[PDB]
S.K.: 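Below is one structure. I have some questions about it.
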Amino acid sequence: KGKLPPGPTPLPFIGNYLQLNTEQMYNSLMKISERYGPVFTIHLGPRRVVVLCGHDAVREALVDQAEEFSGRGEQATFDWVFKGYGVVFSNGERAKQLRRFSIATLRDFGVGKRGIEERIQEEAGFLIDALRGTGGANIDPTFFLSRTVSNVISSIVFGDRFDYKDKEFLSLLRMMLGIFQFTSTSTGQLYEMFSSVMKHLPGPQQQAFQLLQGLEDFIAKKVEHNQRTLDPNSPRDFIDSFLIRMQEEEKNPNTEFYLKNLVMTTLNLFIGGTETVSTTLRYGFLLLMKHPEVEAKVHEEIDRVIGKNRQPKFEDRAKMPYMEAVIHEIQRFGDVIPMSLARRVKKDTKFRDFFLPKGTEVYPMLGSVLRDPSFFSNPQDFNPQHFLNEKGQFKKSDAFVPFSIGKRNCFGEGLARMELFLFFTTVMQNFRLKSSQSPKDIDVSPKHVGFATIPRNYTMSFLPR
Ligand code: HEM
Ligand SMILES: CN1CCC[C@H]1c1cccnc1
């Protein structure tokens, strides 16, 4: 029965609203940690949350006490559509079934294997083609990168990749993009505290709902399409494998394989498989143009190990320590999902002499692990040396946790690291990156930080080398 972690006294309903700047949630919670310690209690409106800061607090909970911290908490904006259904927002039995099935089915369509390495190499080549065809003109790379990324997971879950022509495609991409931005604003973070009121009020949360509805309707139309052209012995994509598994479980009335879980799971993958990698690429190029010395070492190393002729491949990894360090440092620096997705204690839990009642939400401050001064000698700088030893060979970090850790850690990690290596490598093989402004003027502080870290709007050009 010990005590909850210390933290500032909340008000009825508003919680710790007075100590929170919803524009800068992460900076807010970190200011509070400086006063209360690395483990503290915050009230996000009426949501009682335990916040974990620094590598040690986060590894201790999510790894050393893995089972106890394995429950899924809420993200309220996403909840509006998912409603506890689908792999990401589910718990207990639902969670174990959808994750085990999702991981396996991803692996059946080539994730972690030559299959998807081919699909990514191919789709990369299509990206090179498009950036050439701009002929060095000053463009917004946003939808160039995200079309390419989205087409990879799209081929896995929908079968065939989207034609760049498709107007529905861009529409979906705008939708995904506007949701990531919304959830990263003051208002999206205010919604995390006050959703039981705000869901019924007018404002930018109404528009973010319409985008979620947009994505749900598109997935439900693709499912429909898949069902009535289905072939039970030869699955065409993820949706088919879940349709089939649905059919096998018409006997079991306690099954988790029904329509709503298929829709929401496919939506999770589509969304998860698109926006984070895409935001990482986009920040990544921005960082590279700001650090032209880094771009030159990368260029130097691409030329010696790969040269201009062949397609980069995943194994090149092993022989490119400086590129792996660059991509590691883009992820670390980007901090794209700075507060993870919320966890929940699965039962009454003891954790460092605090007591956590069953159901308490947990915030793993992944951003604080990526910036932990005990693991990286210059947290606020972009410096690939963070992941290099004395001998310029790749150096692992225990604080490299952009995908989180523990039992509900990101299972798209393997796909992502593959897409990131290949897309970054192939793009810089063919282009030098040319900024709109001089390196000293490039602003890499974020536009929005909340659920995600969003880079500022920018333009650039892609010049042949
Ligand atoms: C830059 C790439 C990515 C980053 C930084 C990232 C980040 C994260 C984080 C921080 C979590 C929460 C894990 C936890 O609760 O401990 C998560 C979960 C998840 N991710 Fe990713 N992710 C990425 C890519 C992907 C991709 C490509 C997919 C699609 C295949 C994907 C699908 C998912 C799913 C389905 C979950 C829910 C895990 C569960 O509840 O069991 N992610 N991700
Ligand atoms: C933000 N994401 C990256 C991995 C999980 C994914 C996500 C988050 C919220 C809803 N669906 C998918």
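Here chain A follows the PDB entry for its numbers: 30-494, in order, are the residues you see. Only this structure's heavy atoms are used, side chains among them; waters, hydrogens and symmetry mates stay out. When a ligand or atom number is given, it counts from 1 through the structure's own listing order.
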S.K.: What does the PDB call the drug placed at ligand 2?
M.R.: (S)-(-)-nicotine
S.K.: Which chain makes more heavy-atom contacts with (S)-(-)-nicotine (ligand 2) than any other chain, name per the PDB entry?
M.R.: Cytochrome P450 2A6
S.K.: Which residues, listed by UniProt as substrate-binding in chain A, lie less than 4.0 Å from (S)-(-)-nicotine (ligand 2) by heavy-atom distance?
M.R.: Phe107, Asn297
S.K.: Determine, considering heavy atoms only, which of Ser433, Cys439, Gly301 sits nearest to atom 2 (N) of (S)-(-)-nicotine (ligand 2).
M.R.: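 Residue with the shortest heavy-atom distance to the ligand atom: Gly301.
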S.K.: Okay, next: other ligands or ions under 4.0 Å from (S)-(-)-nicotine (ligand 2)?
M.R.: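 Closer than 4.0 Å to (S)-(-)-nicotine (ligand 2) are ligand 1 (protoporphyrin IX containing FE).
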S.K.: Looking only at protein heavy atoms, which one is nearest to atom 1 (C) of (S)-(-)-nicotine (ligand 2), and what is the separation?
M.R.: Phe209 CZ, 3.2 Å
S.K.: Using a 4.0 Å cutoff against the non-hydrogen atoms of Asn297, which atoms of (S)-(-)-nicotine (ligand 2) qualify?
M.R.: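 Within the 4.0 Å cut-off of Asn297, (S)-(-)-nicotine (ligand 2) contributes 11 (N), 12 (C).
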S.K.: Among the UniProt-annotated heme-binding residues of chain A, which have any heavy atom closer than 4.0 Å to (S)-(-)-nicotine (ligand 2)?
M.R.: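 From UniProt's list, the heavy-atom cut-off leaves nothing.
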S.K.: Return the closest protein heavy atom for atom 8 (C) of (S)-(-)-nicotine (ligand 2) as residue, atom name and distance.
M.R.: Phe480 CZ, 4.0 Å
S.K.: Can you report which non-hydrogen protein atom sits closest to atom 3 (C) of (S)-(-)-nicotine (ligand 2), along with the distance?
M.R.: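 Minimum-distance protein heavy atom for atom 3 (C) of (S)-(-)-nicotine (ligand 2) reads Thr305 OG1, 3.5 Å.
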S.K.: Is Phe299 touching (S)-(-)-nicotine (ligand 2) with its side chain, its backbone, both, or neither, if touching means heavy atoms under 4.0 Å apart?
M.R.: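 It is neither part, as no heavy atom is under 4.0 Å.
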S.K.: What residues end up in the site of (S)-(-)-nicotine (ligand 2) at 4.0 Å, going by heavy-atom distances?
M.R.: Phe107, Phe111, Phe118, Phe209, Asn297, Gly301, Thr305, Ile366, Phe480
